[PDB]
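Below you'll find the structure, written out as structure tokens, and then a few comments.
Letters A, B, ... label the chains, following the sequence lines from first to last. Following the PDB entry, chain A residues are numbered 1-315, in order. What you see of chain B is 1-86, 120-313, where the numbers are those given in the PDB entry. All ligand and atom numbering here is 1-based and tracks the order in the structure. Side-chain atoms are counted along with the backbone in the values below, which use heavy atoms only and exclude waters and symmetry mates.
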Amino acid sequence: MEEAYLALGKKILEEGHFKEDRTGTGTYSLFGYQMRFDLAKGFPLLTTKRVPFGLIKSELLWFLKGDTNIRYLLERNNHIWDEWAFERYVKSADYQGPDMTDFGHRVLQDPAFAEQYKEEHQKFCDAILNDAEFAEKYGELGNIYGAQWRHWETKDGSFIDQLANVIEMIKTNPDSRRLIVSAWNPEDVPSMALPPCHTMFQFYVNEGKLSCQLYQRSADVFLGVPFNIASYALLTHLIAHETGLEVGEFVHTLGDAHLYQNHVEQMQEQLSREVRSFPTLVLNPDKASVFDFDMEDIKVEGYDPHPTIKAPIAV
Amino acid sequence: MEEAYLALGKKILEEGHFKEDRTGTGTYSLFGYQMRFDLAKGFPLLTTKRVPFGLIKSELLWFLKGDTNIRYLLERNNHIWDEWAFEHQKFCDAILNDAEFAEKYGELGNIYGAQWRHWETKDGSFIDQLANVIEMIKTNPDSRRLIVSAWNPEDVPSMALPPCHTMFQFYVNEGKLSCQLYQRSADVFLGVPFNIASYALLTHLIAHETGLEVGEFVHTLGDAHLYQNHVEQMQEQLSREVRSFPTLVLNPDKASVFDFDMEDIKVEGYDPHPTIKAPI
Ligand SMILES: CN(Cc1cnc2nc(N)nc(N)c2n1)c1ccc(C(=O)N[C@@H](CCC(=O)O)C(=O)O)cc1
């Protein structure tokens, strides 16, 4: 239930001790958490603030087609993966605009700098979208979620399609205890723009219902977790659709659940709002495979949330 | 709290879903569970039934030193894998006497020790996950990436018993080390008690190695299942009055944990109820 999520954010506000982090922003943090969402009770897209499903869709599709290049994402006007690509670009030999050291923090404090970042960011996206050589070198994120789900590279010159295998074990072996997809590949971690935040997931089956547990090593509570819940819920409806099954519980397990110190006013303002009905997910009955779904094949209807609460993304 | 485990077995008896596998094995089942153990309240060896700590020690020391060979376990009366290795005593004996014969037939290959200390790459090199996470702990305690993984999908479909312990994550706040463990499948009566002690000891060992106090051990389960002829044994356990967990005592005169042998790990104040027997 939404309440479960809202309770996480309260609990970190109350009890989460302060902890320095890679990004430099600062966080309040807990270790070890578990939220459950019965998906039969509604599609878990938060109603206490507007959460952009279109962006959740395209990021999922992007993960399922096995792709790790932002061009696809930018073609559908999704900029949620932009900064890590931009950061890679500005640290490269090829970049020659103004010094973008520390842009993640300096856009908040310095207005003529944010304008400069805004300019460079705009030429970066237009280069990715219109220069195939540039897209190819600088849209790339490494072997992040998509590469590991579809094309986990083997020792002897091949690849394992993890996701597709697990879908097929669900169909023929619904009681197996190894319905597991991992994105944590120790070989590829240092190559990755970021190691996987949602690290690994497991499926389970009882009386014709499909349930999923996610292990998430690092959980950005205000910005990310609303994405991840919806992302993994959508994935579960997709797999239940392909596999001919009803939809079960999504269980969200966390390692470091953190509230960025600059998300606190947002998380308090979110707590002051009454919970509304979850929406209903709608899928194309004509599509048969998880991997056949496109943007028009997935809608959410009945979504009537409270207003957008803006916050700054860490790094 | 030991009551977290006890509520878990009680919830399985009450709400667990029955299933029956190809061999004809019954189980009662739940998906998604989390138990926490505050290690400053005591070391979580079960008091409601006797749990054999020696076997947990020997087996954790064997994973920790990266050893995949039974000779170590055999020198310490631990027998839990001399089946996937096996006139019987002739073999056990020969492993224990002949210097070469142990290497020839006592190797077990790919399991926790090899995966924690020796994860093979494409170019033929090896990653020592555990060693690396220890230096990360000392040098970057605020890291959200203190992860060790036992799950390679290249090797799982090939292997005899794929790891029930799929990954663990460390965490540090205010001079205190915690560990969360994701376990994809769990024997609630015989395995889980065995696994709570193991991973709490691991946490204690890594805290000693890095000069930290112990925080929590968090146990997260996927498929948690009670075998149908553990029911009578689980019910018998829930009728017994919880006691205080005991105290772990680690030898303070050995600096590194990679030198710890059986004699250097002691449990004090351990007053469990009688051993409960069951099939495995
Ligand atoms: C890609 N992604 C997953 C991802 C990757 N690295 C991360 N790194 C950190 N520190 N925190 C995260 N949540 C995070 N998340 C993200 C990234 C940004 C937003 C985000 O800024 N969303 C805004 C803006 C949405 C919009 O474009 O309108 C929101 O209001 O929810 C969400 C998910």
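As for ligand 1, the drug there is methotrexate. The chief contact partner of methotrexate in this model is named by UniProt as Thymidylate synthase. Lab note - other chains with heavy atoms under 4.0 Å from methotrexate: A. The closest protein non-hydrogen atom to atom 18 (C) of methotrexate is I313(A) CD1, 3.6 Å. For atom 6 (N) of methotrexate, the closest heavy atom belonging to the protein is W84(A) CH2, 3.3 Å. Looking only at protein heavy atoms, the nearest one to atom 27 (O) of methotrexate is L55(A) CD1, 3.5 Å.
Of the polar atoms of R22(A), none of the N or O atoms is found under 3.5 Å from an N or O of methotrexate, judged by distance alone. For atom 3 (C) of methotrexate, the closest heavy atom belonging to the protein is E59(A) OE2, 4.0 Å. Methotrexate has no nitrogen or oxygen under 3.5 angstrom from a nitrogen or oxygen of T23(A).
Within the 4.0 Å cut-off (strictly below), a protein heavy atom is located near atom 12 (C) of methotrexate. Note: methotrexate, no covalent bond to a chain.
The protein heavy-atom contact nearest to atom 10 (N) of methotrexate is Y260(A) OH, 3.1 Å.
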